[PDB]
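In this structure, ensitrelvir is found bound to 3C-like proteinase nsp5.
Chain letters: A, B, ..., in sequence-line order. In order, the residues displayed for chain A correspond to 1-301 in the PDB entry numbering, which applies throughout. Throughout, chain B uses the PDB entry numbering, with the displayed residues spanning 2-301 in order. One-based numbering, in listed order, for ligands and for the atoms of each. Per the header: X-ray crystallography, 1.6 Å. The basis for the numbers below is simple: all heavy atoms, side chains too, and nothing from hydrogens, waters or symmetry mates.
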Amino acid sequence: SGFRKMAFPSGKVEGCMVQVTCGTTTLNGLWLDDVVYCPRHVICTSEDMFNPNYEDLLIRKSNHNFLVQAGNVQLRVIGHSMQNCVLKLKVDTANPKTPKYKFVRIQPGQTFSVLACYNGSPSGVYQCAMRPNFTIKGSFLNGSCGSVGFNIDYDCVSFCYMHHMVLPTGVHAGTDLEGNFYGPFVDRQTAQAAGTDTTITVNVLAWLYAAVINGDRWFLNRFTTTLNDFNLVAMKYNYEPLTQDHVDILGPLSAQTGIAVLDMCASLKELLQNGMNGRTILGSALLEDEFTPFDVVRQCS
Amino acid sequence: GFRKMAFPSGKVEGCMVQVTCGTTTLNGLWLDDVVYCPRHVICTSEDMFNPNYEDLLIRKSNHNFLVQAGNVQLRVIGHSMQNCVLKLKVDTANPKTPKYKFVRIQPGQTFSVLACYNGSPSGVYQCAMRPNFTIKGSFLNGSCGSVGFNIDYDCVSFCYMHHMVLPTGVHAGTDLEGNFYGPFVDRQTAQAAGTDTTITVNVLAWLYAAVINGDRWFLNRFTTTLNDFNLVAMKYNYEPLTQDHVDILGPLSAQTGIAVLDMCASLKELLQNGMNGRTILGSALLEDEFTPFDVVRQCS
Ligand SMILES: Cn1cnc(Cn2c(=O)nc(Nc3cc4cn(C)nc4cc3Cl)n(Cc3cc(F)c(F)cc3F)c2=O)n1
Ligand SMILES: Cn1cnc(Cn2c(=O)nc(Nc3cc4cn(C)nc4cc3Cl)n(Cc3cc(F)c(F)cc3F)c2=O)n1
Ligand SMILES: [Cl-]
Ligand SMILES: [Cl-]
Ligand SMILES: [Mg+2]
Ligand SMILES: [Mg+2]
């Protein structure tokens, strides 16, 4: 019963967060085995941040320039390297709290949990989605650089996001743990705009299934539509197209509710064209698109 | 960007255990050498409708309780019942015990919930104690015993232990002293909650949030009395404002330079005139599950 924006328990990641400092620049890092991962922007001074020459800047550094702090303890850096936009610091002590983990690059529309950290201290946890324009609508303040996003599958932590910067519109940009940015952004202190965003249609449908499971059904109708006819209306409203794979992945929700996917699409089409008429769905006046079909199945089963 | 942000759950994850009595199983909270859980665990299927807890507990011994941290058994060496919580003394002090206290939260306040099943944490989310002393949580069967909490630097304030779901789908529970929030009892019967109302103090915090972010079209040059506003609020199914609410709005009042009673008069006009097709923070609805501290917490 109920439906909330639910994040994974963050304990396994909290045990990995540390503080990285270089000169006066400081941000958060991720301590896994005997390696600390953090954004390379940490090696910039104010004069460097606007237009960094990262390769030269890293050559001009030594292990003794990096200050790594796990709580009130200092970790000794014995080696450093750069992988795209992520700095890799080898330390002489392996993190005893390292969980089973892997690095994954998520696709637009997928969700993950974000552990917001400041000066190496976890501050809050929330659930986000990778937007179609490769930004995330996070909640970050100054000092959040290096916070990570993740999913947990059984006992394995999948790290998928490392936070880097805020954009002028208030959305956020970052990389995977290989250091490759999501979207067309660069780790420079310049004003960078994102492309026009779209709505994650498959997630809206899963959320509508969530609404039905919780007894909210006013938006249902007795009509169905074709995948193509629905996609034509979706694109007109800046909604992402629905693929047959999406229809398949919604199968468990359709089977649970007895409402065919294309039946639910006809309800979404009417919502797009007529709006909610002052109504709400799961307490929302807007169509939520940051719940994947798996999140719904997970939270309602 | 404004998100419903929960506290990091690690400090609480290290305290979640499973408690089983016969085949009845739920979650417990392991702090120092004591485990706290709902007393409903001593019920068999046929006792859940109308249990005699005194009688059911008299026929229990330490060796009838199975406490497990993961697959590791913690032997129960003593037990006690306080209100609707059971306190089980175990032979192991939890080495992961954080700094903690027990607190009873007030209506309208928020907290993080660590949803657990069979002693295994499953998810974390933020929610508010509604004015009718229910919470609009997200719980499935087996979530009994999950806890709600707030963290103050290094101190964990435990404020909620989940017990049951009501016919309307909302949830009811106790503080960690075992005292229910609201007029509910731990029986498997249909219990209706009082009529819910909107958390006025949180709507006000949200309006201050909008002003901080540059959304100010709804301000007016009028003020009102606290009493006059509270009388009008009840007419619109809004909760009356308490002196604590006026107090906690102070920092937002000072940050924007807009007096509390001044912002109340702006809200009063919104209630009477509506938004006229306008939006506040990109929303057509007024959010009431963000407290003044949540705003201070997320907006510097
Ligand atoms: C308001 N907000 C929302 N998200 C963020 C994240 N963020 C951040 O936390 N820090 C940044 N710059 C730094 C300044 C520093 C000053 N000192 C002493 N140490 C500092 C360390 C950092 Cl990282 N930035 C800006 C930024 C960070 C990058 F990694 C990047 F590639 C480009 C950028 F413009 C930032 O966005 N703040
Ligand atoms: C769908 N949903 C939403 N929230 C809840 C919470 N919840 C729960 O998890 N369990 C409950 N009853 C039990 C049944 C058991 C069967 N076995 C084998 N072991 C069991 C243990 C419990 Cl606790 N209930 C019902 C319930 C639990 C109480 F603590 C109470 F005082 C009255 C009640 F009606 C429940 O609501 N399920
Ligand atoms: Cl640029
Ligand atoms: Cl007054
Ligand atoms: Mg239909
Ligand atoms: Mg006014």
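One finds ensitrelvir in this structure at ligands 1 and 2. Counting only non-hydrogen atoms, chains lying under 4.0 Å from ensitrelvir (ligand 1): A. Considering backbone and side-chain N/O of A/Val166, one or more are found under 3.5 Å from N/O of ensitrelvir (ligand 1).
Scanning all protein heavy atoms for the shortest distance to atom 25 (C) of ensitrelvir (ligand 1) gives A/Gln189 NE2, 4.1 Å.
The protein atom (non-hydrogen) at minimum distance from atom 3 (C) of ensitrelvir (ligand 1) is A/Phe140 O, 3.4 Å. In this structure, chain A contacts ensitrelvir (ligand 1) chiefly via UniProt domain Peptidase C30. Protein heavy atom nearest atom 35 (C) of ensitrelvir (ligand 1), with residue, atom name and distance: A/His164 O, 3.5 Å. Only the side chain of A/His41 comes within contact range of ensitrelvir (ligand 1), with a heavy atom under 4.0 Å; no backbone atom does. Here A/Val42 has no heavy atoms under 4.0 Å from ensitrelvir (ligand 1), in either its backbone or its side chain. Of the protein's non-hydrogen atoms, A/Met49 CE, 3.9 Å is the one closest to atom 15 (C) of ensitrelvir (ligand 1). Residue contacts with ensitrelvir (ligand 1) for A/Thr24 involve N, CA, C or O but no side-chain atom from C-beta outward (heavy atoms, distance under 4.0 Å). For atom 11 (C) of ensitrelvir (ligand 1), the nearest protein heavy atom is 4.0 Å or more away. For ensitrelvir (ligand 1), one of its N or O atoms has an N or O atom of A/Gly143 under 3.5 Å away.
For a threshold of 3.5 Å applied to N or O pairs, the pair formed by A/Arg188 and ensitrelvir (ligand 1) contains no separation below that value.
Among the ligands and ions shown, none besides ensitrelvir (ligand 1) lies under 4.0 Å from that drug.
In A/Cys145, the parts holding a heavy atom less than 4.0 Å from any atom of ensitrelvir (ligand 1) are both the side chain and the backbone.
Within 4.0 Å of ensitrelvir (ligand 1) on heavy-atom distance sit the residues A/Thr24, A/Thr25, A/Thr26, A/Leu27, A/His41, A/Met49, A/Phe140, A/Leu141, A/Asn142, A/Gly143, A/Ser144, A/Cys145, A/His163, A/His164, A/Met165, A/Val166, A/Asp187, A/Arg188, A/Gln189.
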